[PDB]
Protein chains: 2
Amino acid sequence: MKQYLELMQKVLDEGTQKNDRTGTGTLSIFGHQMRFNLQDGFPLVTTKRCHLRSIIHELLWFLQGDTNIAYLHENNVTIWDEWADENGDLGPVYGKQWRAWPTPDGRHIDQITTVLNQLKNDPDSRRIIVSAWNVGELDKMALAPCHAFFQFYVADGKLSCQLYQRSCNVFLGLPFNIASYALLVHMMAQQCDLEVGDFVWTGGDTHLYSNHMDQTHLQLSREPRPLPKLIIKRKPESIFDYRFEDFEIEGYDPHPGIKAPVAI
Amino acid sequence: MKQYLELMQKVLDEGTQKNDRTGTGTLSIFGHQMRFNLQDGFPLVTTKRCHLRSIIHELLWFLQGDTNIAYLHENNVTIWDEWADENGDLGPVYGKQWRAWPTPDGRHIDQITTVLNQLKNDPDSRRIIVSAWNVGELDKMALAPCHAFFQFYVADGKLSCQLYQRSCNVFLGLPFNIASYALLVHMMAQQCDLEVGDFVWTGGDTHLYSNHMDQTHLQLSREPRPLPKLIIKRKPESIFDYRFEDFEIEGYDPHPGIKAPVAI
Ligand SMILES: C#CCN(Cc1ccc2[nH]c(N)nc(=O)c2c1)c1ccc(C(=O)N[C@@H](CCC(=O)O)C(=O)O)cc1
Ligand SMILES: C#CCN(Cc1ccc2[nH]c(N)nc(=O)c2c1)c1ccc(C(=O)N[C@@H](CCC(=O)O)C(=O)O)cc1
Ligand SMILES: *c1cc(=O)[nH]c(=O)n1[C@H]1C[C@H](O)[C@@H](COP(=O)(O)O)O1
Ligand SMILES: *c1cc(=O)[nH]c(=O)n1[C@H]1C[C@H](O)[C@@H](COP(=O)(O)O)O1
């Protein structure tokens, strides 16, 4: 996508070389924002082929309030294998925080249910937010939440959403994150009888790992193709009742996939 | 300021009329980001007179982990009066979360200290974050946190900070918010022997109240003057040891003030 490629070029041209936790090294910039009008099409990168199966199943896994990769394995998803323990658990990550944020007094908060009820009963609210950044449980998580906090918005019957990603791997993670959230927006909109609006992505440490330079340069020469369209085959009883078989990506003609190692 | 005035013009040009909690009515846009190079000068609005007295005392109050307005009162600052109860309490708001975020296992995390330790020992970390958005205690707060999340970054020996403000009252609150955080960066930088970098402001529901339109247009007809200079006269033992007297703002020649009502 245009916005995406522009960010890549920006990182290359303005990035500062930074030594990081993985000891790999990165070209890094701080503070960036991009908007995706969802009416124009599903923001799925076409400059390289993206794997929808992994994107969809992970999101359904989140809404389940699940933190064990068992589910992902049943569906041949391995994106979280490098961080799961001997038993497949990742600690109280995303899923746990979304569906059952632990209060100091022992109670639990279902942020998704709250959001649904807010969108349905009080759309003008400026407090429709879901946070995965539970300071009190960060030590128990296998990896700190990258896409840590998001806010919904409603105007003229359209549902928008802004995501704050504290850390971003432009080449590997960013394409996955965009599509994942854009998908959530569509699911929320359908469940709340609202049209889709804009997906606003805001990031903190936006970077490109040194060992991805060639891949990036290759992708930057490929002209972006028209954006695909998402089709939701069925309207479930609730936001928690979606199945992988309910989504269709029409008109997705991407360029060949580009391989690159992951940093652990 | 240029960025500030341009934001106001954007809200007016692309804002949607929207009803709100206070029952006042607002013009609103969702998603915005602007950057302030702190080396250029202290980002204090000159198109209208602002009063440091309240900005500084509030920040010091925050750092103390204080949530009762008694302190503010002793120093003749009334900005928070309308939301405090009979005992002057506001609930576990900013100060409390910053200095003692409650964990489910009985612990309390001092986010400010954690950040200081990170800036010195691991400045390349992509997790240097302070969050006031405590989902589990929002119900005990007098008002949900507007400026609820911020991340620090270091590059070229300069300290930058990005703030995510979920809700923003462009005319009243923003001028305070910008100066408050720019001040925090200066204090942090001095304590970590770093230079000041950029303050990146990101907003969710950025709006202007219907009853602030004339004030807004009056301000827009003014030419921004040179930015003031911040002079810290002392280097305290810790970030929690600063006093009002330690700060000196010079070169501040602002336009006349423009009074406007606060939405409760
Ligand atoms: C974001 C996010 C979720 N995640 C989780 C996640 C967790 C830690 C991380 N750590 C680092 N350094 N970078 C990441 O992008 C990253 C991503 C992802 C995990 C793997 C792939 C990945 O390797 N992509 C392959 C396809 C693999 C497959 O489908 O089997 C690709 O080349 O596209 C992408 C995203
Ligand atoms: C941000 C922040 C902190 N806050 C707290 C705070 C709490 C609730 C809010 N509610 C609304 N609707 N808008 C706000 O900006 C807002 C701000 C502020 C509160 C009041 C003033 C204010 O009254 N401004 C007057 C000066 C009054 C004085 O000197 O005491 C002005 O004319 O500017 C500024 C900031
Ligand atoms: C985390 C998970 C995700 O969905 N998307 C991402 O981009 N990431 C990345 C960010 C960074 O590349 C790597 C490590 O982050 P950190 O060292 O813990 O700060 O994961
Ligand atoms: C809150 C506190 C501050 O620092 N600055 C701000 O702009 N605000 C504003 C946001 C909004 O106008 C009002 C809070 O109302 P709500 O919770 O968003 O409904 O104060």
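By convention here, the chains are lettered A, B, ... following the listed order of sequence lines. Residue numbering in chain A adheres to the PDB entry, whereby the residues present occupy positions 1-264 in order. In chain B, numbers come from the PDB entry; the residues present are 1-264, in order. Heavy-atom basis, side chains included; hydrogens, waters and symmetry copies ignored. Determined by X-ray crystallography, 2.2 Å, according to the entry header. Every number for a ligand or one of its atoms is a count from 1 in the order of the listing.
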Engineer: Counting heavy-atom pairs under 4.5 Å, which macromolecule has the most such pairs with ligand 2, as named in UniProt?
Structural biologist: Thymidylate synthase
Engineer: Hmm, looking at ligand 2, which of LY2090314, MK-5046, CB3717 would that be?
Structural biologist: CB3717
Engineer: Identify all other chains that place a heavy atom less than 4.0 Å from CB3717 (ligand 2).
Structural biologist: B
Engineer: What protein heavy atom sits nearest atom 14 (C) of CB3717 (ligand 2), and how far off is it?
Structural biologist: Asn169(B) ND2, 3.7 Å
Engineer: Tell me, which protein residue and heavy-atom name are nearest atom 22 (C) of CB3717 (ligand 2), and how many Å apart are they?
Structural biologist: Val262(B) CG2, 4.3 Å
Engineer: Which of these, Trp83(B), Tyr209(B), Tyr94(B), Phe176(B), has its nearest heavy atom closest to atom 8 (C) of CB3717 (ligand 2)?
Structural biologist: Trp83(B)
Engineer: Check each heavy atom of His212(B) against CB3717 (ligand 2) and say whether those closer than 4.0 Å belong to the side chain, the backbone, both or neither.
Structural biologist: neither
Engineer: At under 4.0 Å between heavy atoms, which part of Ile79(B) makes contact with CB3717 (ligand 2): side chain, backbone, both or neither?
Structural biologist: both
Engineer: So, 4.0 Å and heavy atoms of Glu58(B): is CB3717 (ligand 2) close enough to count as a contact?
Structural biologist: yes
Engineer: Could you tell me whether CB3717 (ligand 2) has any atom less than 4.0 Å away from a heavy atom of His147(B)?
Structural biologist: no
Engineer: Provide, to 0.1 Å, the distance between atom 12 (N) of CB3717 (ligand 2) and the closest protein heavy atom, together with that atom's residue and name.
Structural biologist: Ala263(B) O, 2.8 Å
Engineer: What do you think, any protein heavy atom under 4.0 angstrom from atom 16 (C) of CB3717 (ligand 2)?
Structural biologist: no
Engineer: Can you figure out the closest UniProt active-site residue of chain B to CB3717 (ligand 2)? Give the heavy-atom distance to 1 Å, please.
Structural biologist: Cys146(B), 6 Å
Engineer: What part of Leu174(B), side chain, backbone, both or neither, has a heavy atom within less than 4.0 angstrom of CB3717 (ligand 2)?
Structural biologist: neither
Engineer: Looking only at heavy atoms of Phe171(B), does any of them come nearer than 4.0 Å to an atom of CB3717 (ligand 2)?
Structural biologist: no
Engineer: Please write down residue, atom name and distance for the protein heavy atom closest to atom 24 (N) of CB3717 (ligand 2).
Structural biologist: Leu172(B) CD2, 4.0 Å
Engineer: Which taxon does the entry assign to chain B?
Structural biologist: Escherichia coli
Engineer: Define the binding site of CB3717 (ligand 2) at 4.0 Å using heavy atoms, by chain and number.
Structural biologist: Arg53(B), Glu58(B), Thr78(B), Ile79(B), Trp80(B), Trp83(B), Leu143(B), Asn169(B), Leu172(B), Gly173(B), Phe176(B), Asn177(B), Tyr209(B), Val262(B), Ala263(B)
